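Pictured: Monocarboxylate transporter 8, co-complexed with liothyronine.
We number chain A the way the PDB entry does; in order, the residues shown are 99-131, 142-285, 310-498. We count ligands from 1, going down the list as the structure has it; atoms in each ligand are counted the same way. The header says electron microscopy, 2.9 Å.
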Amino acid sequence: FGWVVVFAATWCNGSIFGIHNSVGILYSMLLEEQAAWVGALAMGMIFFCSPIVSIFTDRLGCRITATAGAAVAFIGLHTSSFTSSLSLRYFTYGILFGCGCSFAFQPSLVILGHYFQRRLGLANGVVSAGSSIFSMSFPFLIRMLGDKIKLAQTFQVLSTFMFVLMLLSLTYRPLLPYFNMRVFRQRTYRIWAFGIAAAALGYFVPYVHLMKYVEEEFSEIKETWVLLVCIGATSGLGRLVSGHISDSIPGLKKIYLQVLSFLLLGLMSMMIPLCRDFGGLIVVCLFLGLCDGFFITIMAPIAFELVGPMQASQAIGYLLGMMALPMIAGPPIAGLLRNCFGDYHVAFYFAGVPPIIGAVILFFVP
Ligand SMILES: N[C@@H](Cc1cc(I)c(Oc2ccc(O)c(I)c2)c(I)c1)C(=O)O
């Protein structure tokens, strides 16, 4: 019955981050029929509310919290269709759908620890790999829909994924039996969360500015899309094996194989500006995807390893809360160096440094 929960969490993570990762198409259509920050608000509200979501999880159960969050997300994403004013779309999709996604997603991570302890890394790896499949499908589905239906009906169609998520979150049967600062009482969690938050600043910069760099520098190449394939080809792969490998390494030594990611996640991050040809860029992006998958997958299992399963909910929620600010901050800062220095090179260097600082911080946790 654990794989039923794995399927439910896969649907959750995939739908939430496939609707968010495809936010450009719907709003491009809306312009065709200020606008930038509502998507950032929706994406960051998943992280900001996580400390709040942890308390509701601890009190009401993962099933109840996830079901309520998915219901709120469905309500927001559905009423976003009937809204004709942009101001109402800062609420219905911005804060309402955003908070719904946070309340739906934090229990999605927490529930996997109720069932798997020995193969928890494998379960999270499968969830992340399957979720990447959803994340690389929604961009297409909306572009099929737009050619036949308007944007409002597009929100209505996207709402049934939240409806199905609300139905599926009923499977979070709890086996294991309000501002608790007791999680911060552990120094290892503090240092680990600090390092993760530091790395998150430079984490999202490549997936935002890599396309712009390629279309600006490598103008002779028209088939740039293969790069997004390469990450998609490797990241999900990196999400699978790492999870399995996450089970082979016992205890806090697991953090080392996350540190190993960060350094490479940093190093390749400074290798895009150094690539004079295209094949080198593809090779670098392969390792970038692999390190992305490693960074994504190990996050939850290490929380259970450090703080246990009675406290993993608060640890995950607070970790996402601290992660919230750097993830939003990164790409805007990279755009600032882009505008100032005249190239993305300095942007990628400042994107690659924070992963290295995070690796240095995390190296001393074990
Ligand atoms: N999912 C998108 C964006 C994204 C990336 C990361 I790192 C996120 O933080 C996580 C992820 C898994 C965990 O177990 C924990 I604890 C925290 C989140 I929330 C979203 C991507 O593929 O990059």
What organism is annotated as the source of chain A in the entry?
-> Homo sapiens
Which transmembrane segments of chain A (UniProt, counted from the N terminus) have a heavy atom under 4.0 Å from liothyronine?
-> 1, 2, 4, 7, 8, 10, 11
Which residues from the surrounding chains have any heavy atom less than 4.0 Å away from liothyronine?
-> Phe115, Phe155, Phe213, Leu217, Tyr335, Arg371, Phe427, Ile428, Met431, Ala432, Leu451, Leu452, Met455
